[PDB]
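The structure described below contains S-rimantadine.
Letters A, B, ... are given to chains in the order of the sequence lines, protein chains preceding strands, and every chain is numbered from 1. Worth knowing before you read on, the calculation uses all heavy atoms, side chains too, and leaves out hydrogens, waters and symmetry mates. Indexing begins at 1, ligand by ligand and atom by atom, following the structure's order.
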Amino acid sequence: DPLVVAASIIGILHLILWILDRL
Amino acid sequence: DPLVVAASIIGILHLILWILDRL
Amino acid sequence: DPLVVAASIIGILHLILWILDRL
Amino acid sequence: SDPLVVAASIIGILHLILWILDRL
Ligand SMILES: C[C@H](N)[C@]12C[C@H]3C[C@H](C[C@H](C3)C1)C2
(Lines of atoms letter the chains of each structure in order from A and count residues from 1; the text may use other names and numbers.)
(Lines give C-alpha, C1' and ligand atoms only; values in the text may rest on other atoms or scores of the structure.)
Protein backbone atom coordinates (compact mmCIF):
# COMPACT_ATOMS: atom_id res chain seq x y z
CA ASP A 1 0.00 0.00 0.00
CA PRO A 2 1.36 3.43 -0.98
CA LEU A 3 0.02 5.02 2.19
CA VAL A 4 1.90 2.46 4.30
CA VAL A 5 5.04 2.82 2.16
CA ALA A 6 4.85 6.60 2.55
CA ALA A 7 4.37 6.35 6.31
CA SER A 8 7.36 3.95 6.38
CA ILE A 9 9.64 6.50 4.69
CA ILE A 10 8.35 9.27 6.97
CA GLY A 11 8.86 7.25 10.14
CA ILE A 12 12.44 6.55 9.07
CA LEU A 13 12.88 10.29 8.47
CA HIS A 14 11.26 11.09 11.83
CA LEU A 15 13.81 9.09 13.82
CA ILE A 16 16.71 10.60 11.83
CA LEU A 17 15.46 14.11 12.60
CA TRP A 18 14.75 13.27 16.24
CA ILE A 19 18.26 11.88 16.75
CA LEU A 20 19.80 14.91 15.02
CA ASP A 21 17.62 17.17 17.13
CA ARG A 22 19.07 15.55 20.24
CA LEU A 23 22.69 15.60 18.97
CA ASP B 1 -5.42 -3.78 7.23
CA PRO B 2 -7.26 -1.01 9.11
CA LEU B 3 -4.87 -0.92 12.08
CA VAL B 4 -1.82 -0.53 9.83
CA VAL B 5 -3.66 2.12 7.80
CA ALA B 6 -4.62 4.00 10.95
CA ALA B 7 -1.03 3.97 12.24
CA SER B 8 0.21 5.12 8.83
CA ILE B 9 -2.03 8.21 8.95
CA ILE B 10 -1.09 8.72 12.59
CA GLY B 11 2.64 8.50 11.88
CA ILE B 12 2.31 11.06 9.09
CA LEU B 13 0.50 13.30 11.57
CA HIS B 14 3.11 12.64 14.24
CA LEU B 15 6.00 13.87 12.12
CA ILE B 16 4.07 16.97 11.00
CA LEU B 17 3.27 17.91 14.59
CA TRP B 18 6.79 17.24 15.87
CA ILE B 19 8.36 19.29 13.07
CA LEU B 20 6.00 22.16 13.87
CA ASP B 21 6.65 21.80 17.60
CA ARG B 22 10.33 22.44 16.81
CA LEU B 23 9.55 25.42 14.56
CA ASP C 1 3.46 -9.60 10.22
CA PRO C 2 3.60 -9.26 14.01
CA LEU C 3 6.41 -6.70 13.71
CA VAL C 4 4.22 -4.51 11.50
CA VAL C 5 1.09 -4.93 13.63
CA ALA C 6 3.15 -4.32 16.77
CA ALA C 7 4.77 -1.20 15.33
CA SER C 8 1.31 0.06 14.34
CA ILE C 9 0.07 -0.17 17.92
CA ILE C 10 3.35 1.25 19.25
CA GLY C 11 3.19 4.12 16.76
CA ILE C 12 -0.36 4.96 17.77
CA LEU C 13 0.78 4.86 21.41
CA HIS C 14 3.80 7.09 20.73
CA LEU C 15 1.63 9.80 19.17
CA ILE C 16 -0.85 9.64 22.08
CA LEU C 17 2.03 10.08 24.52
CA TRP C 18 3.50 12.97 22.54
CA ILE C 19 0.14 14.76 22.48
CA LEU C 20 -0.38 14.24 26.22
CA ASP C 21 3.09 15.55 27.04
CA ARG C 22 2.43 18.51 24.74
CA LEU C 23 -0.99 19.23 26.30
CA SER D 1 7.78 -8.54 3.84
CA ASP D 2 8.36 -5.13 2.25
CA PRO D 3 11.79 -4.19 3.67
CA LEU D 4 10.84 -0.52 3.92
CA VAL D 5 7.86 -1.44 6.07
CA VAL D 6 9.81 -3.91 8.20
CA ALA D 7 12.58 -1.34 8.68
CA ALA D 8 10.18 1.45 9.66
CA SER D 9 8.45 -0.98 12.03
CA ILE D 10 11.77 -1.70 13.78
CA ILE D 11 12.69 1.98 13.74
CA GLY D 12 9.28 3.01 15.11
CA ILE D 13 9.69 0.62 18.04
CA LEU D 14 13.17 2.01 18.77
CA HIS D 15 11.89 5.59 18.45
CA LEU D 16 9.35 4.92 21.20
CA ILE D 17 12.03 3.35 23.41
CA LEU D 18 14.25 6.42 23.01
CA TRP D 19 11.32 8.75 23.68
CA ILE D 20 10.34 6.86 26.85
CA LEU D 21 13.91 6.71 28.19
CA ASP D 22 14.22 10.42 27.42
CA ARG D 23 10.94 10.87 29.32
CA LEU D 24 11.82 8.77 32.39
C1 LIG E 1 3.28 4.57 12.93
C2 LIG E 1 4.56 3.77 12.67
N3 LIG E 1 5.66 4.69 12.34
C4 LIG E 1 4.33 2.81 11.50
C5 LIG E 1 5.61 2.01 11.24
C6 LIG E 1 5.38 1.05 10.07
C7 LIG E 1 5.02 1.85 8.82
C8 LIG E 1 3.74 2.65 9.08
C9 LIG E 1 2.60 1.69 9.42
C10 LIG E 1 2.96 0.89 10.67
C11 LIG E 1 4.24 0.09 10.41
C12 LIG E 1 3.19 1.85 11.84
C13 LIG E 1 3.97 3.61 10.25
Ligand numbers or chain letters for S-rimantadine: ligand 1
Most-contacted chain for S-rimantadine, named by the PDB entry: Matrix protein 2
With a 4.0 Å cut-off on heavy-atom distances, which other chains neighbour S-rimantadine? A, B, C, D
Organism of origin for chain C, per the PDB? Influenza A virus
List the residues forming the binding site of S-rimantadine, heavy atoms under 4.0 Å. A/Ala7, A/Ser8, B/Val4, B/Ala7, B/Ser8, C/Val4, C/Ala7, C/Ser8, C/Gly11, D/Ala8, D/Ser9
